[PDB]
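Structure showing tacrolimus engaged by Ubiquitin-like protein SMT3, Peptidyl-prolyl cis-trans isomerase.
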Amino acid sequence: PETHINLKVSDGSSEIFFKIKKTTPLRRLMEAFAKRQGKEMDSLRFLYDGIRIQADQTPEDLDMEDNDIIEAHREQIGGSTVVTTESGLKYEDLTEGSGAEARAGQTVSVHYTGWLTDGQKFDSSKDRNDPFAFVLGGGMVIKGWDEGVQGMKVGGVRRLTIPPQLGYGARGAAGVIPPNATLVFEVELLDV
Ligand SMILES: C=CC[C@@H]1/C=C(\C)C[C@H](C)C[C@H](OC)[C@H]2O[C@@](O)(C(=O)C(=O)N3CCCC[C@H]3C(=O)O[C@H](/C(C)=C/[C@@H]3CC[C@@H](O)[C@H](OC)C3)[C@H](C)[C@@H](O)CC1=O)[C@H](C)C[C@@H]2OC
């Protein structure tokens, strides 16, 4: 407790905790975060109390205390935009796609991860090495997906925050999704 510190890293979807010595440069935490997430260090920007962290700075330098939060930002440089549509769906483009645009009628191919609002992962197509294909705009998937995947471009990564009436509602999903749950997905569009 004297020499080490526990810190929370949030990326807006989930959280991972790290314990490092107070004299250890944050590089070690940043690298551990990047490796666990399968991301390049150079793709990530870290903030503490709104100030950009540099990798050679220590918790001691920044007067950090146990359970302080570091934000990890993977989204495009220049300032994020969370869009709320008329349905109450929210979406945020973490990566802007460069390819073909997804439109209703297409059988599109994606990877996804889904979390509850407390950051617990409930599913991932990547964890089973299994891209997911569906008829976009067909009513075959939950409403937040039909609405939210429309307009993505191939290469894009979009975060959907789906209120339960656009998800599984009061029923939930057996074994997996509670009644009245808000769902967070990161969807990566692979093909249309
Ligand atoms: C024969 C049927 C099996 C068939 C299963 C598959 C092809 C495998 C496929 C990878 C699903 C996953 O299997 C591991 C698993 O994905 C979740 O974990 C998940 O991440 C999720 O939420 N997804 C999946 C990705 C698209 C968004 C959403 C969805 O819309 O999923 C859809 C869904 C469940 C829609 C319901 C349908 C009933 C409506 O009444 C309800 O309306 C509220 C909405 C899925 C894709 C359906 O179109 C097709 C199926 O169900 C669910 C939490 C539970 C689900 O297992 C069942």
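One-based numbering along the sequence shown. FYI, side chains are in, hydrogens and waters are out, and symmetry mates aren't considered; it's all heavy atoms of this structure. Start at 1 and go down the list; that is how both ligands and their atoms are numbered.
To find every copy of tacrolimus, look at ligand 1. Any N or O atom pair closer than 3.5 Å counts here, and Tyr168 shares at least one such pair with tacrolimus.
For a threshold of 3.5 Å applied to N or O pairs, the pair formed by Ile142 and tacrolimus contains at least one separation below that value. In this structure, of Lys121, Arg128, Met140, the residue bringing a heavy atom nearest to atom 45 (C) of tacrolimus is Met140.
Tacrolimus lies within reach of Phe185, whose nearest heavy atom is under 4.0 Å from it. Short contacts between tacrolimus and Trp145, defined as distances under 4.0 Å to a heavy atom of the residue, involve ligand atoms 25 (C), 26 (C), 27 (C). Considering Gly167, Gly175, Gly169 only, the shortest heavy-atom separation from atom 43 (C) of tacrolimus involves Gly167. At a heavy-atom cutoff of 4.0 Å, tacrolimus is contacted by the side chain of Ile177 but not by its backbone. With distances taken over non-hydrogen atoms, the option nearest atom 46 (C) of tacrolimus out of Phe134, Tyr112, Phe132 is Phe132.
In this structure, residues within 4.0 Å of tacrolimus (heavy atoms) are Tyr112, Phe122, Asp123, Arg128, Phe132, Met140, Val141, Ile142, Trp145, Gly167, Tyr168, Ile177, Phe185.
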